[PDB]
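What follows is a deposited structure in which one can find salicylic acid.
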Amino acid sequence: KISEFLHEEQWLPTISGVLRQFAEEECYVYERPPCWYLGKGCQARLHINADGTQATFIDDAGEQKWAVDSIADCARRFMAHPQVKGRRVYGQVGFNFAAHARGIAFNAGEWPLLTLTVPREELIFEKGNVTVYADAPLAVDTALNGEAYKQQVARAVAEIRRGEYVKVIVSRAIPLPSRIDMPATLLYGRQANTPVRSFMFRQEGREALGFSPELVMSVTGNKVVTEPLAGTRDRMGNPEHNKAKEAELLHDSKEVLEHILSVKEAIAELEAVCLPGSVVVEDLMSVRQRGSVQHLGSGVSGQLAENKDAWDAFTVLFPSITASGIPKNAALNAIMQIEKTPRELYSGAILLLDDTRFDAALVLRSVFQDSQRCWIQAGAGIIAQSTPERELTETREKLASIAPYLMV
Amino acid sequence: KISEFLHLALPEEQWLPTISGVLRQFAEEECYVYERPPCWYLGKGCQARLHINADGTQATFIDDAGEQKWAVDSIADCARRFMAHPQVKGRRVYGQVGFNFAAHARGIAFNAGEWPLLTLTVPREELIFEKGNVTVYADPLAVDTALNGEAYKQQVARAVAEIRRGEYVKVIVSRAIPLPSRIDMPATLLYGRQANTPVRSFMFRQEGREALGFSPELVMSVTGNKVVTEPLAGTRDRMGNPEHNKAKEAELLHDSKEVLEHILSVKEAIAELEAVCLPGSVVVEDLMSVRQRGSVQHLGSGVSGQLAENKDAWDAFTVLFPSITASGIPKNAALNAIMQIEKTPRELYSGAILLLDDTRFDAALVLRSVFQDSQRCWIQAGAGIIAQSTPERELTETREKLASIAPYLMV
Ligand SMILES: O=C(O)c1ccccc1O
Ligand SMILES: O=C(O)c1ccccc1O
Ligand SMILES: [Mg+2]
Ligand SMILES: [Mg+2]
């Protein structure tokens, strides 16, 4: 039921308003051009806890515990539920969803593995209008702790060269001196970036926001698309510098090899769920501009096989190859061996599910805060040809996409 | 034309021998051989020919009514008029396109060789062999590949230095190996084929010029509105045991120099196809997998597209040719570097062989091939030179490739 219809550069500020006017209440914001989506409150929720041992459903009638033998079956059950079907669903998928779904052992973090929410209220910004439906920057030193990171990379490089795996994303968490103003970081960060999706979610005393550089996955009807980005240079100088960096990226043998290794894995992943011969690269290794950095990017698509749904596709595609590694399960393991803080939502997914689409954005270029931690996180794809010093610099170039725009 | 069908109760072992035995009987008549599995098409004589001379200044139609001079304002239009000729419609057409067709099309200045730029021929008689049946329509040289390796190395060095100066990104530098004698074509076909796994095989004789070879890649295939191109680039040997070969395969697939050399050419192929296709129809159906080609294995990708309404197979061919994998990047600068660096005309080397029928426009790249005319008898092979290339490796590469033809040349 459409409540109001008030008649674009005011979209940004309005969302902030909404987040503040109704702060300390649960909110989910998602940008998928030409629209913004803001959901508020909670009419139904599926919550999977940090170690994947409890699935909780909540709606107005109360709380239920659902059998959690398969998180994907829980997600399917939620989407088919009477309180849910026909409604837009805002979701989040933590990094360790992969290990849980994969029968890989893992150490649980603090954040949920998966949540899906039908909001009580919803604003939609489109065609210089909004539709309502109802029932002070901070300085961040991104060099600190550099040497420990380069050791982690040198370890990864040793493991690859020994043949333990081919690629792994090693990331570093940078703790922030104070909690940040999320609505103001959103506004200020956004104008600094050209992301494929933006998001801000506040739920159960935990907050995350970011400018997603790529899609994990998009499903429209029977067509599945994934969008691996891998291979990076800065775009942090004048146009001349940036354009020389673009040509350099296109012709650098290390960056190109990093890229193609991931596209070929993304092809094999889609092949596991798609009709034979339907998997094609629609865009091969073009440069994508993402704020402080520009990347090689490819679009791969296929047609889901008859016995495969968007959740089967999501479990194979998750996490992005470009945020985990190759082969995926060995990389996931190396990540849990090498990294010392839980990724939580970092390298996970933000979801928007509605009548026409399953949309899943990769969680990078993002900032996170709960009762215990406030941090940003960036990594780099490590291959046999990686240099620890260059990969450090790469994380810093990526961190410059979010870090300068953290408002206190 | 009158036709006859024969079932030969011949074992597989004897099929290739029978074909080259028939070729033997065509003695010194003009003829055209093309293998596109499951068939071998042999054409004999000439009923109708389009001839484009070496400098691209004269187009001639020839049939039983005599010679007619056509306007060379557009080779593509000439080729279109020939296909639409009453003499031609409904017949398989055997074509050859010389390296210099590129430069000419692109209004780049070239030095003409002696071979025609392009010819298309409807033969007078035809034989089609397919799995032991035939349909008729009627009315050991020793070659040292190391010799002169030093001169080639300097050509590679010069290309590399030119790339490092930013003149172009990639160029194929090739070397011609003069041969001691004229070769026996039917015996070369027979021995050379069973040692190769080419996309197409060919042999032609026309107006005192001959060529034969085992094409490793298809410039282009068009059936109806769908155009496929299959760029190959990046090489290792497969001259050893299956475990040596499997090692070389994994090594090819993960070598950053080879992977870059491959993808640079694929993206050029994609951009070329996009100029003549429906927006969004150009996709990569097969990304960078290993293809086995006799003495060598290569990375190949399969790219496809849907032709736009204002464009035909002739339009696709003009943009797709020569193979980026035979010229360079950017194409025009690479064609200029090849003309300044190489000392002999390529003629048909790195050109195309065409088989055109009702359904299809099939074009195979001329590499792994042998040429002979009134003046020269030679083989030829090159290598894709990028910033990372070393002259020693690239010489070795030309020799790995030459080994698909050199060992099988018969007198
Ligand atoms: O390492 C990269 O080049 C990269 C770029 C974009 C997204 C994820 C990545 O690992
Ligand atoms: O240089 C190569 O590896 C190559 C391989 C196949 C065809 C053309 C080529 O240049
Ligand atoms: Mg990288
Ligand atoms: Mg090569």
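By convention here, the chains are lettered A, B, ... following the listed order of sequence lines. By the PDB entry numbering, chain A shows 2-8, 13-140, 162-434, in order. In chain B, numbers come from the PDB entry; the residues present are 2-140, 163-434, in order. These values consider heavy atoms only, across backbone and side chains, with no hydrogens, waters or symmetry-generated copies. As the structure lists them, so they are numbered: ligands from 1, and atoms in each ligand from 1.
One finds salicylic acid in this structure at ligands 1 and 2. The chain forming the most contacts with salicylic acid (ligand 1) in this entry appears in the PDB entry as salicylate synthetase, Irp9.
Other chains within heavy-atom reach of salicylic acid (ligand 1), distance under 4.0 Å: A.
Atoms of salicylic acid (ligand 1) found under 4.0 Å from any heavy atom of A:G257, numbered from 1 in the order shown, are 2 (C), 3 (O).
Those atoms of salicylic acid (ligand 1) that come under 4.0 Å of a heavy atom in A:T258, given as number and element, are 2 (C), 3 (O), 4 (C), 5 (C). Neither the backbone nor the side chain of A:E281 comes within 4.0 Å of salicylic acid (ligand 1), counting heavy atoms alone. Atom numbering of salicylic acid (ligand 1) starts at 1 in the shown order; those under 4.0 Å from a heavy atom of A:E284 are 1 (O), 2 (C), 3 (O). Considering backbone and side-chain atoms together, A:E240 places no N or O closer than 3.5 Å to any N or O of salicylic acid (ligand 1).
Atom 9 (C) of salicylic acid (ligand 1) has its closest protein heavy atom at A:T348 O, 3.5 Å. Any N or O atom pair closer than 3.5 Å counts here, and A:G407 shares at least one such pair with salicylic acid (ligand 1).
Residue A:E420 approaches salicylic acid (ligand 1) through these ligand atoms, each under 4.0 Å from one of its heavy atoms: 1 (O), 2 (C), 3 (O). In this structure, A:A349 has no heavy atom closer than 4.0 Å to salicylic acid (ligand 1). Relative to atom 6 (C) of salicylic acid (ligand 1), the option among A:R391, A:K424, A:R316 with the closest non-hydrogen atom is A:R391.
By the criterion of a heavy-atom distance under 4.0 Å, the side chain of A:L390, and not its backbone, is placed next to salicylic acid (ligand 1).
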